[PDB]
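The model presented next includes flecainide.
One letter per chain, A onward, in the order of the sequence lines. By the numbers in the PDB entry, the shown part of chain A spans 2002-2090, 2099-2218. Shown for chain B, in order and in the PDB entry numbering: 1002-1090, 1095-1219. Note that chain C is numbered according to the PDB entry, with residues 2002-2090, 2096-2217 shown in order. Following the PDB entry, chain D residues are numbered 1003-1090, 1096-1220, in order. Numbering of ligands and ligand atoms starts at 1, following listing order. Just the heavy atoms: all of them, side chains too, but no hydrogens, waters or symmetry mates, feed the values below.
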Amino acid sequence: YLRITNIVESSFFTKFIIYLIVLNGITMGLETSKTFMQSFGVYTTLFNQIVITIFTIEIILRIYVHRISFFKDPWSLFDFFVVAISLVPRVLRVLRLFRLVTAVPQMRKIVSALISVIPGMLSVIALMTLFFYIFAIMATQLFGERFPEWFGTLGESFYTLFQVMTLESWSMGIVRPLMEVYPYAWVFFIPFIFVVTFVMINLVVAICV
Amino acid sequence: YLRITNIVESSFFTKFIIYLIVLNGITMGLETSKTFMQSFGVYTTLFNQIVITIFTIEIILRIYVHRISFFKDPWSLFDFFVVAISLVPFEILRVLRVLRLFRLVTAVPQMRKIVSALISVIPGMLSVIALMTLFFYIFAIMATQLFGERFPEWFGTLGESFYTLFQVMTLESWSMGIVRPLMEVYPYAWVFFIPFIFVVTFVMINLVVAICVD
Amino acid sequence: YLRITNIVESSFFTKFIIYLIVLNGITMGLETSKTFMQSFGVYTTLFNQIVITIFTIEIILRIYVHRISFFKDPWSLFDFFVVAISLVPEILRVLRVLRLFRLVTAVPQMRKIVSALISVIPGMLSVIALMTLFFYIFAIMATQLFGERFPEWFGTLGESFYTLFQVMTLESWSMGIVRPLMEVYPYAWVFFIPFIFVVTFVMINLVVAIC
Amino acid sequence: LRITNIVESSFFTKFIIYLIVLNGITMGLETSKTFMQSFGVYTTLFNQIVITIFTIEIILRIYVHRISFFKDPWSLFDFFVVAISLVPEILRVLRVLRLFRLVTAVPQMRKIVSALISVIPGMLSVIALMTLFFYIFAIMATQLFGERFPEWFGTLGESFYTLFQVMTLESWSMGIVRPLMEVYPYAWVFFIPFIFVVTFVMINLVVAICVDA
Ligand SMILES: O=C(NC[C@H]1CCCCN1)c1cc(OCC(F)(F)F)ccc1OCC(F)(F)F
């Protein structure tokens, strides 16, 4: 019993996993090259199953070693799903290259120390969706009639507005043609770009605290 | 009188306000989809009048409870106007009725703080912003009598001189979209525009720092 | 001397100058509309001439009242030159609109704002000079690398400058410049991608240096 | 020991800066084709003198400094930029890097460099995350959109450039993401979150930089 617990939390075992991680990453970085998957595709498709096989064992062990304690450690928890994904018979399997974040304790803090920023802002983030929701409704029934590729859908109003938010081709690509049919659209968007922009500065400042 | 005053400042009423918001939001969030408004549009268009009816009441009561204190409290004040817009049957207002889904910010005491904590920046910046508009005004005049003769779509009007210059501020398509064609007729437009990008940029950065300190 | 000295330093006079500024400002904002200058050009073309006369007088008084003390006050200095520009009887005809900046000078609330931001400039001259050489070294490389086939972008050292600043600003840097370049010189992702890195990394750290 | 006194003189320190600015300015006309027509031969020789003379300073300082020399970064760097210049057209272009040595002689710049380079270590925990994050994502696209959009995502390396471009937000939507949505209408599930994480990272870098120095 306790004999197994010593194998898991050993430096050897953990270090061994991280080696396979770095390796299986390189394996997926050659599954891209058509030339490679031609000559060595057979070599790889099995080699991957070996890895996800070993990772199945470890995650099973990690469960028996931790029992109910396991499904409260996110990194440990997260690792579980990412293999289940890898189990299901194709692109989302590459998420298992995130365990290199989990398996390395130097990263876990960085992720957490940056997710620690998320809560002090959800009061702001939640506001935006409401702000976006009303506007996406306005546009889709304002400009949605003549510019449907941009505003034909409520959701389509989202993508264009978040783009205009990012300031990519907001003027030449969206606002200028809009102003050829609705010449006052410069009253809709110029403030919206200000309103949304004002948020970002005060956030950055609020976080430097 | 005071009997209603207990209903008004009840948590139910406070909680209730936030409820109707969410429904009319979702209801207006289906007033967008053409598909929905076919079978249930009339049922919906009336539901808004139902909504816009009830919303008349709250602001009526809340005023008598607050009297002159009401028309000095911003959050409550705002609440009123959004109904008058919603009250008017120039369709635009029928579209502008959708602002009534903004009141969910007012009723939530967690939100007002969020809003308030950001407006405190304007006074430490109103000294700057007013400078910016003046800066634009002097410059917007320069272009309109410089490039306005051959580029009327971009600089033909002062208002168009504004829009084009305010765009270059954002750096969106400023070079290939604006300055490069300018340099085909007036090869020095980079003397107008390259510095203008500096000052305008330094202001906004120096503004952020002024906010970073406070 | 002392007889005039009471007119100069009055609050009234200060208030009076700012009136013509705001007046000449809004007045200068309609000299753009072609329609007006036909029906009202004489009213306007002269009103400018009226003002620039008065400001010539004031600047004469302000000089004699302060004498050598005048030519050490920045705000005072600028105001003078902007009238000299305005004095010359077609580029300058546009540069006359700079006289709408004196509203910054006459208002003591502005002078602080401008200066307190020019007060940041010295703490950055150590940084800025590095970039120019960095910019200068690179413009030489491109102009003799890609300048042969891309003359609109890199035919001249100065043209390499404009492209680099433009690339530095991130406007159409990739699709407009780097992508077509990589169709003839497939390694242009080695020239510019670092230039985007170094230049960008500086600006963040600079704001931080000021923050 | 006779030469050693010349090197660390204030004259000599200043003296290097003379040839830099001159060779810098001289290369600013080796660039202009117009000048190099009438003065090219006049120009081509001045460089060889400099690239010869510039060898000496780094030669002397080494015997003066010995093993102390190859532990001072600025001292180290100075050599390679000359060694590059020595090898007899990319190299002929890379010779112009020799105008960087002006950084060595001037102590006012190094402080900015050092005081800024200092904020690069406390973040490598973040940057390496980004490279991995890009790596996972660059793989996803390249086998997602690589089939129909190869100039943008046909190769992992091409996914890099396209993703690093979208990071800067240059023509990411109209130029890259919007056409993607005509065949794969779900590319906004790949790209919209990717836009969030990468952006949030850059902010957090700032926070780390705000605090550090
Ligand atoms: O703002 C950004 N671009 C818009 C501005 C900048 C100038 C061009 C157009 N205007 C921006 C740029 C970034 O480049 C990161 C680097 F690639 F350098 F690493 C990262 C995050 C950004 O922020 C996005 C936000 F905040 F706008 F949403």
Would you mind finding the main macromolecule in contact with flecainide (ligand 1) and telling me what it's called in the PDB entry? Ion transport protein
Counting non-hydrogen atoms only, which other chains lie under 4.0 Å from flecainide (ligand 1)? B, C, D
So, at a heavy-atom cut-off of 4.0 Å, what does the binding site of flecainide (ligand 1) look like in terms of residues? B:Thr1175, B:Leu1176, C:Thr2175, C:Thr2206, D:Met1174, D:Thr1175, D:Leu1176, D:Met1209
